[PDB]
Novice: 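Pasting a structure below so you can have a look.
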Amino acid sequence: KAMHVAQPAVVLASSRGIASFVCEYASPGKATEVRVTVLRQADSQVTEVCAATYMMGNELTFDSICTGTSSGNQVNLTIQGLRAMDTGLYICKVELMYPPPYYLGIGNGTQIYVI
Amino acid sequence: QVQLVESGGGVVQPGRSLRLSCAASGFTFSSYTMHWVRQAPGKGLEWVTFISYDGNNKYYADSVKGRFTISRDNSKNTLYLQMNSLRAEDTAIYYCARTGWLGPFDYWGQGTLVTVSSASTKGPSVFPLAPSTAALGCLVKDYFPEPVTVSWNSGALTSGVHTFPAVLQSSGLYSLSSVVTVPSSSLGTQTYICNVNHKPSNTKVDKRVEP
Amino acid sequence: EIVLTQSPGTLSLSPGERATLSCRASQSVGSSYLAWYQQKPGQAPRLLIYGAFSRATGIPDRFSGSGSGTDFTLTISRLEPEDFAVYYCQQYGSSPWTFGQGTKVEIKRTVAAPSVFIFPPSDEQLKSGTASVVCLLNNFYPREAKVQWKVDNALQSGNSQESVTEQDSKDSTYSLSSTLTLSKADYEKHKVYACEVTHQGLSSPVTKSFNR
């Protein structure tokens, strides 16, 4: 009925420095072109982590830093290379590009802790 | 510093076409989606059109659908609005705007005026509004297009001057008035001259106003 | 389409006072998708607030946003001189992007009656074949004013146009210019040309007039 984005409150990055989380969205209709962007929020200054465009049922391909798999309205994201400085809030942004209407969805953010 | 510089505005006859450009600097252009927004004189903001990062998705307001086309050239850091089949009611200031990564329109160009009209570019006829504390002025009538500027005594007289917004007459030409209140005592002692500059027709007119 | 309705149309407040502006949406807008913009005359809009609550970079902390669902509020805790301007809300969560119709925040000052002047057509203009009669309402407050034109004591309709200045930078008043346009032949059919002005600062409407 309106756009919603859900993502976990907190995830622990592995010792391998890889963190995974599911980002799922709800839409009034059924989009067929979706663009997913991972943003990093740090004191109102936001940077792009990765982004990918995605036809549903056609697999989600980005790289170098993010991999992703798709399943219905869910996107399983994996972020690799996390060191020490990257602990922070990672926002899932989902743009439903086609068919109209366009929808923008901004998640609440996942606090990724890296050790 | 983020910068959006527009060009291409001007006068265009109904039914014709016109292209606006917005040149972007100070950020990675291809990383942002962009819009055009317009504002008819004295009215509010109306979203016109949206274009995605690489131009693969374009959205339009209903009032311009099938007539306007948005495009972008990411190697030239430039956004375009191609307007076809233009109508009088498309007359407006047109702004380009950048979409922030969190959704709002965080930077705007300074806008360019598009006037859709079949009228001919004409300098104004300047008639005096003679005095008779006193008020006097200049009626700047039957010019096209906007804008005109009015000064008094070549800029030496600024206090108590009101230059009113022009009105668009049914003939398609604009008319404005500029008035000033001065001491009654100075009538006959000081001369009052209004200096009208109609930059679109490259016309300058000085009119002396007498009692 | 998500219609946004702002209120009030105009807020009249003194400098230093608190301003509260409302934006109501015809259907739910996620708080993450509501922005406020400021616009001064002759300038492009400027982003003030986004995500309903978050200030854009460099926006001073006297500006704050609140609300959710269909009901949003912009607060300016103390009006500074540069804050007098038009404010637009916007939803940016789905197409078409839509804006409220704007709220003008205006300087309140004491009531001031207009000084009214009437100008007959100039001789030059008459020689050119048309006649413009001008009525000037100078330096009044508040903005609401009514000009009626009378020709030989008959009320005129559809043959006049009006224009109003922005609030004066020094005394916060408005001025209004109204032009009655007649053809020369029609101008010369009548004798008394009158401008009747109604305004809150006048105990009764004032008529300025002349005879050809």
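Chain naming is simple here: A for the first sequence line, B for the second, and so on down. The numbers used for chain A are those of the PDB entry, and the residues that appear cover 1-62, 65-117, in sequence. The numbers used for chain B are those of the PDB entry, and the residues that appear cover 1-132, 140-218, in sequence. In order, the residues displayed for chain C correspond to 1-212 in the PDB entry numbering, which applies throughout. So how was this one determined? The header says X-ray crystallography, 2.1 Å.
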Novice: Hey, which drug is sitting at chains B and C?
Specialist: ipilimumab
Novice: By the name used in the PDB entry, which chain has the largest number of heavy-atom pairs within 4.5 Å of ipilimumab?
Specialist: Cytotoxic T-lymphocyte protein 4
Novice: Which UniProt domain in chain A is home to the majority of contacts with ipilimumab?
Specialist: Ig-like V-type
Novice: Any idea which chain of ipilimumab has the most heavy-atom pairs with chain A at under 4.5 Å?
Specialist: chain B
Novice: Can you give the epitope of ipilimumab on chain A, defined by heavy atoms less than 4.5 Å apart?
Specialist: A/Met3, A/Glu33, A/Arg35, A/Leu39, A/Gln41, A/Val46, A/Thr47, A/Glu48, A/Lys95, A/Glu97, A/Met99, A/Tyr100, A/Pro101, A/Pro102, A/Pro103, A/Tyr104, A/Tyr105, A/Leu106, A/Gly107, A/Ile108
Novice: Per the PDB, what name belongs to chain B?
Specialist: heavy chain of Fab
Novice: For chain C, what name does the entry give?
Specialist: light chain of Fab
